[PDB]
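Quick look at a structure containing gatifloxacin.
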Amino acid sequence: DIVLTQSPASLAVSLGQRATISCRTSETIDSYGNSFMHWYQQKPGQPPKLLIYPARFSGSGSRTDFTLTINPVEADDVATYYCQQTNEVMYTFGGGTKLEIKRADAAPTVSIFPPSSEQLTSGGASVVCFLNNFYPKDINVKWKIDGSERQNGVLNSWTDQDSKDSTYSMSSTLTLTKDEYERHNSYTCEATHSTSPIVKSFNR
Amino acid sequence: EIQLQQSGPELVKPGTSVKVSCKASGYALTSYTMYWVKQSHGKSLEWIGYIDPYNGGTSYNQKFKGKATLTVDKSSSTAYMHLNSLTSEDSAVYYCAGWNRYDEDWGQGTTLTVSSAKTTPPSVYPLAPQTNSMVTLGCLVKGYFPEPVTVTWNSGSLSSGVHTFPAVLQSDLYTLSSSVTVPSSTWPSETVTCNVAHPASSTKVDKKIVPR
Ligand SMILES: COc1c(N2CCN[C@@H](C)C2)c(F)cc2c(=O)c(C(=O)O)cn(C3CC3)c12
Ligand code: NA
Ligand code: NA
Ligand code: NA
């Protein structure tokens with residue numbers, strides 16, 4: 001059977017730079033070949049898009065080792081890249097190469113929102129905090145209700161790297177019952193990475 | 001070239017069968033070879049099989065031999081993938097693609113969920129907010145099943161400053177939020193509403209953001 005081995009699994013690359021992805025196959029392709037070799041780019045939530053066909057993406061290699069080169073790397077190239085070998089008996093894909101962009105550090109644009117009148121009518125309470133357009137991905141967030149830290153009923157969710165500014169964003173959601181929410185008044189949303197802890201708060 | 005339209009998302013009980021379709025338009029629909037690909041959430045692309053509509057020949061990945069059946073309706077220019085004995089491992093996005101030596105196209109994907117859990121619509125709560133240059137608004141959609149759900153702002157007019165976050169699953173329900181950062185001059189001067197679509201429960205909801 002045809003096995004495709006892609007390397008590296010992930011790639012962190014600076015803008016403007018030259019990035020190369022490899023795919024090795026167990027079934028040699030001659031130039032007149034039963035098989036084909038092609039490259040795909042997949043952005044999250046989208047179909048793979050066929051590549052290569054003075055382009056920024058170009059292919060090389062024949063026989064067993066195939067390379068995809070991106071030159072220069074640009075911001076919206078953040079995606080997973082797949083090689084695909086096409087053959088009459090089977091088609092197969094490589095494991096994928098996740099392409100990460102390197103950029104300068106950035107600080108989150110924090111926002112915090114209180115439960116809505118609609119949700120309070122329902123009998124639940126959700127406090128939502130957006131930490132938008134920061135870099136690097138790894139960020140810890142804590143929050144305190146009138147100074148008291150809470151580890152219960154918090155929802156964290158990260159976006160994919162942005163296609164335009166190469167920054168990550170994140171959404172934290174603290175859910176308490178309606179009645180537990182009424183007891184207190186001071187809610188603060190705290191982000192890390194001068195340390196400069198960014199804090200957003202709302203009262204009552 | 002060719003364009004491909006896949007059928008909508010499906011929630012199905014374990015042990016049942018589903019048939020998902022890929023409807024084709026354009027020139028020489030008989031000339032393309034149709035194939036199907038599976039992608040589990042966060043996983044790589046997996047070839048299911050192909051069918052050549054010209055001679056009817058088919059080839060399957062050994063892992064789907066028992067599971068999947070590919071057919072083409074020549075009259076209606078529709079390719080089908082029948083999946084049987086469904087279990088949670090069949091929960092995934094399924095792609096339909098067609099190709100010949102001139103051209104290849106892919107469908108948008110079909111999200112299939114194999115679950116005992118019952119369909120549940122989302123609760124949509126608006127999030128309204130300092131006078132900065134820019135203001136951030138938000139939408140919270142909570143307690144829905146299954147995925148997917150679609151959020152747009154002002155029926156798609158606002159796309160530049162949107163952040164829609166991957167849904168997260170708790171108990172048997174999903175929750176996500178999306179945010180829009182907009183210039184303060186524009187809002188509340190211009191109305192900005194959040195549009196939420198839940199195909200599985202056949203519900204669309206529009207919530208205008210309003211300052212408390
Ligand atoms: C539709 O794309 C192609 C494919 N591919 C693209 C990758 N997926 C496979 C299934 C079909 C093919 F398998 C071979 C050729 C060819 O044989 C060819 C040629 O000029 O000989 C050109 N193309 C188009 C340029 C990409 C081809
Ligand atoms: Na059956
Ligand atoms: Na053509
Ligand atoms: Na985004």
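Residue numbers start from 1 in every chain, and the chains themselves are labelled A, B, ... in the order their sequence lines are given, proteins ahead of strands. Order of listing sets the numbers, starting from 1, for every ligand and every atom in it. Values below: all heavy atoms of this structure, side chains included; hydrogens, waters and symmetry mates excluded.
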In what form does the model contain gatifloxacin: which ligands or which chains?
-> ligand 1
For gatifloxacin, which chain wins on contact count (greatest number of heavy-atom pairs under 4.5 Å), named per the PDB entry?
-> Antibody Fab fragment light chain
Gatifloxacin: other chains, heavy-atom cut-off 4.0 Å | A, B
Under 4.0 Å from any heavy atom of B/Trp99, which atoms of gatifloxacin are there?
-> 10 (C), 11 (C), 12 (C), 13 (F)
For A/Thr86, take its heavy atoms, then give the atoms of gatifloxacin lying under 4.0 Å from any of them.
-> 8 (N), 9 (C), 10 (C)
Counting heavy atoms only, name the option from A/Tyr91, A/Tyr40, A/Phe36 that's nearest to atom 7 (C) of gatifloxacin.
-> A/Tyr40
Looking only at distances, please establish whether an N/O atom of gatifloxacin is found under 3.5 Å from an N/O atom of B/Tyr102.
-> no
What does this entry list chain B as?
-> Antibody Fab fragment heavy chain
Could a heavy atom of A/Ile52 be found less than 4.0 Å from some atom of gatifloxacin?
-> no
Quick one: does atom 20 (O) of gatifloxacin have a protein heavy atom under 4.0 Å from it?
-> no
Indicate, as side chain, backbone, both or neither, the part of B/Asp103 found under 4.0 angstrom from gatifloxacin when only non-hydrogen atoms are considered.
-> backbone
At a 4.0 Å threshold, what atoms of gatifloxacin neighbour a non-hydrogen atom of B/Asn100?
-> 1 (C)
Compare A/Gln84, A/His38, B/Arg101 and give the one whose heavy atom is closest to atom 4 (C) of gatifloxacin.
-> A/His38
Which residues make up the contact shell of gatifloxacin at 4.0 Å, heavy atoms only?
-> A/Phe36, A/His38, A/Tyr40, A/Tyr53, A/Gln84, A/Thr86, B/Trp99, B/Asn100, B/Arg101, B/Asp103, B/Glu104
